[PDB]
Structures are given as structure tokens and as C-alpha cells.
Chemist: 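One structure follows; several queries about it will come next.
A note on names: the letters A, B, ... follow the listed sequences, proteins ahead of strands, and every chain is numbered from 1. A restricted portion of the entry is shown here, and the contact count covers that portion and nothing more. Any value given below was found using the heavy atoms of this structure, including those in side chains, with hydrogens, waters and symmetry copies removed.
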Amino acid sequence: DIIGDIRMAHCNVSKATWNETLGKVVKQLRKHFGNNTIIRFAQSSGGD
Amino acid sequence: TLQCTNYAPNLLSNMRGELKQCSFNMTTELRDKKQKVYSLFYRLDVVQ
Amino acid sequence: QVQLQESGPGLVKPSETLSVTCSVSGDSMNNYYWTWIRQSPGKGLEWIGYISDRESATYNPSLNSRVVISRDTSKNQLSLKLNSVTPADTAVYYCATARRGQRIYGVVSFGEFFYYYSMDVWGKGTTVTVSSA
Amino acid sequence: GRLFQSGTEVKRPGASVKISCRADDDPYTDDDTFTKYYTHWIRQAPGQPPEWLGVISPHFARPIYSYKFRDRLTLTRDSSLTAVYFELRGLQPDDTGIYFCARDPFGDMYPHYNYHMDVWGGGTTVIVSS
Amino acid sequence: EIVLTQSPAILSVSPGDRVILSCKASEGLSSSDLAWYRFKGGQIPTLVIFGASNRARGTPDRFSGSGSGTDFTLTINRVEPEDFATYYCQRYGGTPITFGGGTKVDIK
Amino acid sequence: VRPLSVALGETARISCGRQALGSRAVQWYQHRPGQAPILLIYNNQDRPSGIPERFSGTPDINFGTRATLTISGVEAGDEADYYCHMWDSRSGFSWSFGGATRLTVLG
Ligand SMILES: *[C@@H]1O[C@H](CO)[C@@H](O[C@@H]2O[C@H](CO)[C@@H](O[C@@H]3O[C@H](CO[C@H]4O[C@H](CO[C@H]5O[C@H](CO)[C@@H](O)[C@H](O)[C@@H]5O)[C@@H](O)[C@H](O[C@H]5O[C@H](CO)[C@@H](O)[C@H](O)[C@@H]5O)[C@@H]4O)[C@@H](O)[C@H](O[C@H]4O[C@H](CO)[C@@H](O)[C@H](O)[C@@H]4O[C@H]4O[C@H](CO)[C@@H](O)[C@H](O)[C@@H]4O)[C@@H]3O)[C@H](O)[C@H]2NC(C)=O)[C@H](O)[C@H]1NC(C)=O
Ligand SMILES: *[C@@H]1O[C@H](CO)[C@@H](O[C@@H]2O[C@H](CO)[C@@H](O[C@@H]3O[C@H](CO)[C@@H](O)[C@H](O)[C@@H]3O)[C@H](O)[C@H]2NC(C)=O)[C@H](O)[C@H]1NC(C)=O
Ligand SMILES: *[C@@H]1O[C@H](CO)[C@@H](O[C@@H]2O[C@H](CO)[C@@H](O)[C@H](O)[C@H]2NC(C)=O)[C@H](O)[C@H]1NC(C)=O
Ligand SMILES: *[C@@H]1O[C@H](CO)[C@@H](O)[C@H](O)[C@H]1NC(C)=O
Ligand SMILES: *[C@@H]1O[C@H](CO)[C@@H](O)[C@H](O)[C@H]1NC(C)=O
Ligand SMILES: *[C@@H]1O[C@H](CO)[C@@H](O)[C@H](O)[C@H]1NC(C)=O
Ligand SMILES: *[C@@H]1O[C@H](CO)[C@@H](O)[C@H](O)[C@H]1NC(C)=O
């Protein structure tokens, strides 16, 4: 049984350093596709 | 055959479809006798 | 400060429209949630229903929808209608207020919290007896 | 040896089609074919050159669509490790033709990392009218 | 996007000679990502060659072909009555892949 | 309905029959016969105005404890029954109040 509260597990990440890491990897990836190309992060496709 | 209904009913939280309560028979060390057992299984573990 | 006065018919014939009205004086009814509690002799308290700013008359499911809750903002009153009543609920009524405070145990983003209704200011309450005689 | 797909279904404009391409026909089989081999789905119209329609990976059935058929094409497999599906919602009277499913290692195998569709299977037909 | 064209669209030959199936690429193929298929009406389209020049399992000695850069050739040694069918070449690389239009041999 | 008999001077601990399961948020009541009910303790720690500082509840730290009401300095007129309203997570929206613990002080 569950002796307590029915809760859901959840993973926490810090927003500021994750946004800085995304900006850094975008600035790194921008060395291969010129300057004025809009890089868009999206969700997954699907499957299992 | 798992007779399985919803555990923790009428909960207004997010976790509603998961945590289902099912009962089933299981064999013991004496093969003529059985044992009724109760357990909780997730939504991704049971198929109707 | 919110003050509550009561009014009652007293003598009620069975199986018709019952109406017991409490009046509010002192403030408006914009945020406080009005509820009604029935106290019968021989048992404990009983929750009839409550109303909110959503104008939702959520009744108790153990009453078989025999009560009707309504409010009004133009005359500072509220109507408590009944139909097809029994002679076995001779009880004193109560008109109370209730504030809603949230209780959070996990994260608010998923909805792992709930609501309660605290009743701090109550009314005097007038008894209503129903009988065939 | 050879792949198996069935179906000679007719359709109406505004519906969806379901094409299943299995390998080794008996249903209780453990071919393991959809396990380390990519699978290509290819459409061909009569009187037209064949065009690419979509590949599915054998790792966890992660699909790779094209930009022409992106928002109206979902395809995956079931709990058993056979019988990949093909759901094409948002029909049209332009894609009337034959459909093919081909096995392809796609440069993931151990010998030589080749690029070839070694076997194609069946080839169904989809028509639509009113 | 690399468009794959084929200029010998219509071909006719007798059984027992060598035929040339040429294909032109748009801009600089990698010379290792190309395939040839033998299509027919209401049959099983099988493969005949790997990459630039490498035979498959069910392929005899008479099927070969090479090419590099932007030109790719298929060189059949002899013509059989079981080979009078259309051919389709395709490339690989970035999705979506594109076939090479279409060519066809005939008996005359 | 459960009776209780506590003499003068010493304190008393009153529990309700509803076994709490989860995060608790109780509202302890007190109803004199004929008068109006009043709110004593809400949200397990707080107390409204006008109520004396003699009623202490139980916090929600170290879940597994009993939600009781402590009456320090019991006087002679404490004959009104109490009500232990239960609001938790698993049982959902509770409608009824519960058993009325009738405290009868002697002397
Ligand atoms: C990933 O991240 C997410 C967030 O992004 C994390 O979720 C967070 O999870 C924790 C618990 O795991 C939640 O804490 C809970 O909060 C509720 C209510 O929130 C209170 O805190 C707010 C913060 O403000 C200060 O106050 C607290 C003390 O209350 C300080 O300790 C803090 O440091 C802050 O400085 C506050 O804004 C709230 O608002 C209310 O404030 C006052 C007080 O009531 C009112 O006047 C206001 O009007 C308004 O209503 C509120 O104060 C708490 O209730 C929870 O504590 C209770 O439950 C515990 C477990 O049962 C128990 O141990 C506690 O003792 C407590 O029980 C009793 O204690 C109080 C003591 O005074 C009593 O008064 C009270 O009645 C109660 O009965 C709990 O602490 C976060 O809210 C949640 N975050 C969000 C955004 O929802 C997640 O955990 C992360 N995951 C991982 C893996 O890292
Ligand atoms: C990775 O893929 C790219 C893209 O296909 C490959 O680049 C291509 O390389 C060929 C040479 O092998 C280039 O062809 C050349 O074209 C010029 C004219 O542009 C011509 O003058 C030369 O004689 C030659 O034919 C081709 O243009 C080039 N494509 C692109 C888009 O740059 C590359 O070879 C692949 N492999 C790696 C990087 O290992
Ligand atoms: C084995 O059992 C699973 C679980 O039911 C089957 O998967 C479902 O199959 C039905 C077929 O009508 C689909 O409608 C469901 O969507 C499937 N559930 C999924 C994918 O989660 C599976 O088909 C069974 N295998 C057999 C009978 O060979
Ligand atoms: C995660 O855990 C570490 C453990 O030390 C802690 O320092 C940190 O504050 C926690 N939270 C986040 C958002 O990283
Ligand atoms: C992320 O970092 C960039 C730094 O260039 C900043 O401009 C931006 O406001 C940050 N936040 C988001 C949500 O992008
Ligand atoms: C993109 O911008 C950076 C700015 O530092 C520059 O160095 C780089 O040359 C630019 N890319 C191109 C293709 O000009
Ligand atoms: C276990 O077996 C008995 C034997 O008749 C049956 O009545 C019972 O329903 C079984 N248990 C379950 C959970 O089906």
C-alpha cells in the first residue's frame, strides 16, 4: 500500500543554467549554418 | 485473471489513471491450496 | 464585520415548498462562501450545501437533489427551496459563512493540492418543525 | 526472405487508412526482423516516379518523416516486435497508387556499413473515389 | 536537395548485347550512396547492385556498373527475356531521398 | 457520540474517531446546546480572534501523529460538544462532520 500522500515523481532542473547551456550550444551550433538561420528546439517525434 | 479496479477513488489530483488495485489467486508451496492476494499495479502494467 | 440574522416560518406542512431565509448585514457577498448546516435531535450535524462566486449550487449527494440553493445581490438575500419533504427532519437550521484556503502538500504545477471551507462566523438559527398536525 | 503486407481497401476523401507490413506470416512468430533493421515505406503513383514516404528505426520505433507529409502521418509498431503500421490521415485524391515496405540496414550493421534495400515486400494498392 | 535525372528514358535492344544505363546527378554525389532497382508491373521490385560497384545475393555475374562524381553507369553484359523491365535508381543521404526519374528497356 | 469525563485543573487530550490518512487540515468546532457554533482551531496551527490562547493543536511535521485538541485550564462551563472535521487528500471532499465527543466536566 501507500502510507502517505498520492504524489507523482518529478525531476527538477535549474532554469537559469539550463537556458545558458541551451544558448551556449546554440552559439556553438551556429558555426555550421551561417548567421541568419533560426534554430528551433522542438519536442520528440513519437514511437515507444 | 486480475480483478482490478481503481485505488484511491474520487481524487482530484493529476494522478488518476495510475495506481490500480487488483486481486488475484496465486499458488503456494502446497499445490492443492491457493492464496488470494491484493496488489497495486501502474497504468502501464495492466491491460483490460 | 459580517453579521447574520435569521427568519423562519416555524410551522411547516409536509410535502410542499420550504423556505428559510438568512440575511446579511455589514458587508457584500463577493468573496465569502455561504453554507447551510442542519442539526437534528438524535444525531450530529449535517451539511446541506454551499454556494460560491461561480454560482454553483453543489448539493450533498445524500439528499437526492431535494434542496435548491439560490442567492441574490440586488436585495441582499438568498433562497433555500425544498420539495416533497418528509415529516422526519424536524431540525433547527443554521446559516454560516465559509472562507476557502488551499492546502498544498506537493507541487502546485501538477495540481497536488486541495481546498477546504472554514466556518468562523455563524448565525443564531431558528428551529423549523414539520408535522402533519 | 520476403516481407508480407495485405490489403486492397478502397477509401473515401476525409478518412484514414491502415496498412500493416509484417515479416513471416504466422502471427505467433519471433522473427526478430523489426529489431536491428530500418524499414522504408515508399509510395508510387501510376504514371509517376516513386517518391519517399517515410523510414522507421528498429531501436524503439522512432519515426523520421518528410516535410511534405509531416503533420498527417503517424506510424509505429505494437507491443510485439513485428507488424509495423502505417496511418495516413487527411486523405486526398492525389495519392492513389501502390505502397511498398522495404528492409534496409541503413549503415547500422557490423559488416561494411552498407546502404541497400535488400528485400521489398508485397505492394498494396490504395484508391479513393466517390 | 539533389535532383537525380536520367536522359535515356526510352531504350530498345535485342537479346545478347551490352546496354548502357546512364544517370546524371545534380551537385556532387558522395560516390558511395546509390542503388538500382528493377521494377515491373505487379511484381516484386528487387535490388541488383550495392553502392558504386558491389553485387547483391541474388545477382548473377552479368550485372555490373561503375561511375563517380555526378555520372553513374549501369553496364549489363547480356540481355535476357527475364530482364525486359523498367529500372529505377535512387540515392541516399539527407531526408527526403529522391529517385532518379525512370528508365525502361524494350524488345525490338 | 463518545463521552469523556475530565476534572478541574488538569489538561485533556480529545481525539476524533476519523483516522487521518494523509496531509491533515482540521477545523475544531464547539457547539453549545441552543447557542451558535464557533471555530476554535483551523489549519492545525492558527486561531481566530476572540478565542483565548488555551487551545493548541498538532502540526503536520512527522506525519503519523494523532490530531488531538489540548484544553489547558478547563473551566466549569465547558459542557459543549466538539467536532473534528477531517480534510485530507485520499478521501476527497468530506461532507459529514464526524462523531461528537461530549466532554462532561465534574465539579
Ligand atoms: C521541484 O520544485 C518544486 C517547485 O518548483 C517543488 O515543489 C515544492 O514542494 C514543497 C514541498 O515538497 C512545497 O512546500 C509546501 O508548501 C505548502 C504551502 O506553501 C507555503 O510556503 C510558501 C513559501 O513561503 C514561505 O513559507 C514557508 C512556510 O510555510 C517557508 O518555509 C518558506 O521557506 C517560504 O519562505 C508560501 O508562499 C505559502 O503561501 C501561504 O503563506 C501564508 C501561510 O499560510 C498565508 O498567509 C498565505 O495566504 C498563503 O496561503 C505557504 O506558506 C506548505 O503548506 C507545506 O508545508 C506543510 O506540509 C509539510 C508536509 O506535510 C509539513 O511538514 C509542514 O510542516 C507544513 O505543515 C504545516 O506547517 C505550517 C507551519 O506554519 C502550517 O502553518 C500549515 O498550515 C501546515 O499545515 C510545504 O512546505 C512547495 O510549495 C512546492 N513548490 C511549489 C511552487 O508549489 C518540489 O519539491 C521540487 N522537487 C524536488 C525533488 O526538488
Ligand atoms: C558529406 O556530404 C557532403 C554533401 O553531399 C559531401 O560533400 C560533397 O563532396 C563532393 C566531392 O566528393 C562535392 O562534389 C564537388 O562539386 C564541385 C562543384 O561544387 C566540383 O567542382 C567537384 O569536382 C566535385 O564534384 C560536392 O559539391 C559536395 N557537396 C556539398 C553540398 O558540399 C561530402 O563529401 C560528404 N562527406 C564527408 C564530409 O566526409
Ligand atoms: C498482446 O497484447 C497487447 C495488449 O493488449 C496487444 O496490443 C494491443 O492490440 C490491440 C489489437 O486490437 C490494439 O488495438 C491495441 O492498441 C494494442 N495495445 C497497445 C499497442 O498498447 C497485442 O496486439 C497482443 N498481441 C497479440 C495478440 O499477438
Ligand atoms: C539538487 O540537489 C543538490 C544536492 O546538493 C542541491 O544542492 C540543489 O540545491 C538541488 N536543487 C537544484 C535545483 O539543483
Ligand atoms: C536565456 O539566455 C539569454 C541569453 O542570451 C537571454 O537573452 C534570455 O532572456 C534567457 N531566457 C530565455 C527564456 O530565453
Ligand atoms: C556568424 O557570426 C559569427 C560572429 O562571431 C562570425 O564569426 C561567423 O563568421 C558568421 N558566419 C558566417 C558564415 O559568416
Ligand atoms: C480464486 O479462485 C476462486 C475459486 O472459485 C474464485 O472464486 C475467485 O474468484 C478467484 N479469485 C479471483 C480474484 O478471481
Chemist: State which drug is present at chains C and F.
Modeler: 10-1074
Chemist: Which chain letters have at least one heavy atom nearer than 4.5 Å to any atom of 10-1074 (chains C and F)?
Modeler: A, B
Chemist: In this entry, what is the source organism recorded for chain A?
Modeler: Human immunodeficiency virus 1
Chemist: Going by the PDB entry, what's the name of chain C?
Modeler: 10-1074 Fab Heavy Chain
